[PDB]
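Chain naming here is simple, since letters A, B, ... match the order of the sequence lines and numbering starts at 1 in each. We use all heavy atoms of the structure for the numbers below, so side chains are in, but hydrogens, waters and symmetry mates are not. Just so you know, ligand 1 is whichever comes first in the structure, and atom 1 is the first atom listed for that ligand.
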Amino acid sequence: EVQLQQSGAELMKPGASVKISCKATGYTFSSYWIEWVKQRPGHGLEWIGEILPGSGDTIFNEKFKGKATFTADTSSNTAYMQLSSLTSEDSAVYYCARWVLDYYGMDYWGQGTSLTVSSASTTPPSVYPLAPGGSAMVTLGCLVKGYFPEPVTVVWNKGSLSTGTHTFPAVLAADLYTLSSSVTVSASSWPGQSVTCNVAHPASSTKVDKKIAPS
Amino acid sequence: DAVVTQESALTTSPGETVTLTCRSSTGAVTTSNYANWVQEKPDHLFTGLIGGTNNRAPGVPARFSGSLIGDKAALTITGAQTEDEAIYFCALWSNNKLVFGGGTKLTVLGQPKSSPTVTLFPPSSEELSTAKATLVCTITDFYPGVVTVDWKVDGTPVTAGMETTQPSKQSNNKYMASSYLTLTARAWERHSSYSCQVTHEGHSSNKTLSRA
Ligand SMILES: CN1CC[C@]23c4c5ccc(O)c4O[C@H]2[C@@H](O)C=C[C@H]3[C@H]1C5
């Protein structure tokens, strides 16, 4: 039952410092090298370096010598990597992985830790109804624009409408997030009946109910 | 500082044999590079498959095997399973550095191909009031999950203010995504016909509307 558990997501400001942990279980932690890897969109995978807990010996990708520091605790069976002077280029998902000598490779990987280095402030979204251009089915929607940070939740008719719902992944539009959700219902239920989307943005603690009305 | 190159993408069907390669810019890959192959499935879930060129990691299915083909390292997956869809990365040890390839996105066709359903929404009156206009193009039920979107205003291509999401799986296992075209309300009033066209597997599905 070999497992490596890493610390949760991090949101840091430029110039700060973060310490990512990697807890091992199911094996003798001091006897295996622990690799650290950086995954940034459009940059595939970079090897930061590695550490052997038993000896404390390390090996760094020269490019990361002044950025990362490796530590380990054979008492708590945990390895850590600290990244200093954070910049936007440090934003990515970091992984620790076990290297086994006789195998000559990395077998078990941690789940990864998402580091977001930003100076953006919490911003509530604007919610706008999406109605058809005025078939057996009809699709209605809601636009959730300009919020930060993720996420937002969208339900229809307070959850009473669940089937036929499509809440899409968000995308960045000028440094803020934009998301949309749609619901497809029988053409006979709308406008016949009411359809309301309920949007919530926990971070800004904002909630908006917008009824979809024929244009 | 060798550069490791892998095929960007490959598609296979269940039961088939597929072969992935890993090349070094330094030269022929040798057993001294301890070629590794790791697998990343949705929600960035990594796990090692091959180490030291041909050693298979614990618990890894026998259908996975590593070898060298010519001057490159290779990963062979026999009797491909739908669960084998993932991004496969190779890693080579050279110059005291572990270098990763850019990864190969393997698609395993686990369901019938499906053209997308496109729906186009005009800007809401409430938004226009803020001197803003966002058209929303929803794209659902497509497979494989790869599409390109093109917007046109009165027949002419427009990309400014345009953003398109990454595709994601729906509950029925097909894919969905959306695209947005945002203009100022004043600009939205300077055009008549708006069109969202989605190309999938070499076939374009179009949806349009008129402002007035
Ligand atoms: C990826 N990383 C794993 C650990 C270590 C190593 C490698 C190969 C064979 C070894 O026996 C071995 O042990 C250490 C170290 O001595 C030298 C290089 C490093 C490198 C590659």
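The drug or drug candidate at ligand 1, out of pentoxifylline, vaborbactam, succinylcholine, morphine, minodronate, is morphine.
Lab note: most contacts to morphine (ligand 1) come from the chain the PDB entry lists as Fab 9B1, Heavy chain. Those other chains that come under 4.0 Å from morphine (ligand 1), heavy atoms only, are A, B. Of the heavy atoms in B:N96, none comes closer than 4.0 Å to morphine (ligand 1). What sits closest to atom 4 (C) of morphine (ligand 1) on the protein, heavy atoms only, is A:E50 OE1, 3.3 Å. Name assigned to chain B in the entry: Fab 9B1, Light chain.
In terms of protein heavy-atom proximity, atom 7 (C) of morphine (ligand 1) is closest to A:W99 CZ2, 4.3 Å. When only non-hydrogen protein atoms are considered, atom 14 (C) of morphine (ligand 1) lies nearest to A:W33 NE1, 3.7 Å.
For morphine (ligand 1), the heavy-atom contacts closer than 4.0 Å come from A:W33, A:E35, A:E50, A:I59, A:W99, A:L101, B:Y34, B:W93.
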Starting from the N and O atoms of morphine (ligand 1), find every protein N or O within less than 3.5 Å and list the pair with its distance.
from, atom 1, to, atom 2, distance (Å)
morphine (ligand 1), 2 (N), A:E50, OE1, 2.9
morphine (ligand 1), 2 (N), A:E50, OE2, 2.6

